[PDB]
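In this structure, TB31F is found bound to Pf48/45.
Here is how names work: the chains are called A, B, and so on, in the same order as the sequence lines, proteins then strands, and each is numbered from 1. Method of determination (from the header): X-ray crystallography, 2.6 Å.
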Amino acid sequence: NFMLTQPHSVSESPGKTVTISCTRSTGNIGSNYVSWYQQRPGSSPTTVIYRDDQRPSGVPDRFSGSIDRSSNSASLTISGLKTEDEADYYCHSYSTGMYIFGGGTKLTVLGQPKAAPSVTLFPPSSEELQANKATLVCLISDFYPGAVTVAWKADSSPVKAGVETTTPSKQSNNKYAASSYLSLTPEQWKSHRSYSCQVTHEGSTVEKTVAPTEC
Amino acid sequence: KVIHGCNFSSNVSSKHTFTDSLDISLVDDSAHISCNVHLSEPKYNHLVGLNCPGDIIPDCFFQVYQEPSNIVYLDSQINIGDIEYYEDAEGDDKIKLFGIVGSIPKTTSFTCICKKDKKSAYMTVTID
Amino acid sequence: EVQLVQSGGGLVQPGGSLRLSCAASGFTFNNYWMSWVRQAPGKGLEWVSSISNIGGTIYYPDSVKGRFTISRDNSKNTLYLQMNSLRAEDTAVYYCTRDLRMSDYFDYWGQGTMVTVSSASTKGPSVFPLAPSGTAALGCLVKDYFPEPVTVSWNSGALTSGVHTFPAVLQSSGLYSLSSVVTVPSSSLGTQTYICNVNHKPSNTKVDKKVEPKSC
């Protein structure tokens, strides 16, 4: 079958406009209808575009869909942004006997300045190592909008396994916080020169590093 | 035995031979072309159905149409007692049939839809 | 109006079974396709199953093919999803939808119901000190507990400024972990005692853990 790929997040100020793409990986985007679904936090999805560019009842003409047959991509456009437009948006297309969803796009209607994350990385404690365990704790706070990406390095080599990362959660100051844990063995902790927590927020990436050193 | 109906699939099927054929991968998106079947015999003993490579709308031939939109049950439409319903599968090919034996009170017509991607082929049956 | 009222999920151990319902009203039940679409917490929509007007066509993705069975009862106007051989990866919020087959989209959704597949039982956490390296950060790690929640305080409630107790991660082991961090003046690292108090009522766990600076 095929895949539909959306950007991780988009953002703009109220009254401005935003466009969210849906790129079909194989086949023709124009072959099958594309539909779009809005999901406000904690709510069930609702349809905002069907049949490439048709609006259900209850959706203002600020919403519109289009199809780009050359980039093999569909687009949802939202103009005159309002606060209640802030949602996750999903594109959908159907091939015979298969229903395919895009990854989803966080739309943040900006209500405050963009803010870089504050990142702290703690190495495993002596206590945990003596219990024959190793956990790296990477604490991410004070970032807006609430979308981040986390990757771990063993020295300079990527670490894909043993990574548990929370989703962003809204703080009291309306910024967002998250955390990422890397479970290691005591040996792979000691047998590397350093480990690294790489946080990427709005294209800028912040890195912290800890080494298996006594002092 | 032949199926009085329409083969919209591009498979060269041996289990099933239809009277008419119309490859769905030919017509324009969000458009339709018709494949019509007319039956006129004193007392029948026929299989009627279609081969669809996409999706069948409605659930033929238990449900049929009167762009159609009025979903009706075939037993009510033809108003005969014993109607046999059959189905078959050949990968994505969906074969839905119904057998009809005997006489028919009133000449009745109905439509079934084969949909593949944005293209939809209609199959309209008339029986006297 | 059109209504899709979903009914009752719950907690299941791996390999168990569970049945979801969706009561439909406001439209001719027999004239529409209907689907189940799920969503793991924090993740995206994933189609689970579809059924045609009166069962003529049924579709499944391979992720659930053989384990899940969709069905409908036109006399009760209800959609069912029978789930068997449940895996932890099936943990999601399952949504009921009505489809317009002719236009390939879900035009109405249910409110959702949560389904959790976990083998975890009640377990208290292990607490570890996260030692500090003009301002310093310290904290303590609260690890492998079930169920939620966990409350953390510092110095028995005497220290509340600069405190940040992050939400938990749900591990693939079914157990939770969290971390609480407090930012302190580095000048007090040698003169002020820092003890984090971790409390997990379901297990009668109360831990006082002192976080000291590294000896080096």
Could you list every ligand or chain that corresponds to TB31F?
chains A and C
Would you mind checking the epitope of TB31F (chains A and C) on chain B, with heavy atoms under 4.5 Å?
B/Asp29, B/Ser30, B/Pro53, B/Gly54, B/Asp55, B/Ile56, B/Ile57, B/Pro58, B/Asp59, B/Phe62, B/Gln63, B/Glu67, B/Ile71, B/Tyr73, B/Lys94, B/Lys96, B/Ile113, B/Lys115, B/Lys116, B/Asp117, B/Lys118
List the residues of TB31F (chains A and C) with a heavy atom under 4.5 Å from a heavy atom of chain B.
A/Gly30, A/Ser31, A/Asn32, A/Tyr33, A/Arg51, A/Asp52, A/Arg69, A/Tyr94, A/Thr96, C/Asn30, C/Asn31, C/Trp33, C/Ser52, C/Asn53, C/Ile54, C/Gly55, C/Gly56, C/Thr57, C/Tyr59, C/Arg101, C/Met102, C/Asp104
Are there donor-acceptor atom pairs under 3.5 Å between chain B and chain C (TB31F), and if so which?
residue, atom, partner, partner atom, Å
B/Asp55, OD1, C/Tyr59, OH, 2.5
B/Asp55, OD2, C/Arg101, NH1, 3.4
B/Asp59, OD1, C/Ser52, OG, 3.4
B/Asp59, OD2, C/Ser52, OG, 3.0
B/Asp59, OD2, C/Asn53, N, 3.2
B/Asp59, OD2, C/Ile54, N, 2.6
B/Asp59, OD2, C/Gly55, N, 3.4
B/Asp59, OD2, C/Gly56, N, 3.1
B/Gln63, OE1, C/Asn53, ND2, 3.2
B/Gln63, NE2, C/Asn30, O, 3.1
B/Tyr73, OH, C/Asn30, ND2, 2.9
B/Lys94, NZ, C/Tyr59, OH, 3.2
B/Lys96, NZ, C/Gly56, O, 3.1
B/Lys115, NZ, C/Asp104, OD1, 3.2
B/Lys115, NZ, C/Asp104, OD2, 2.9

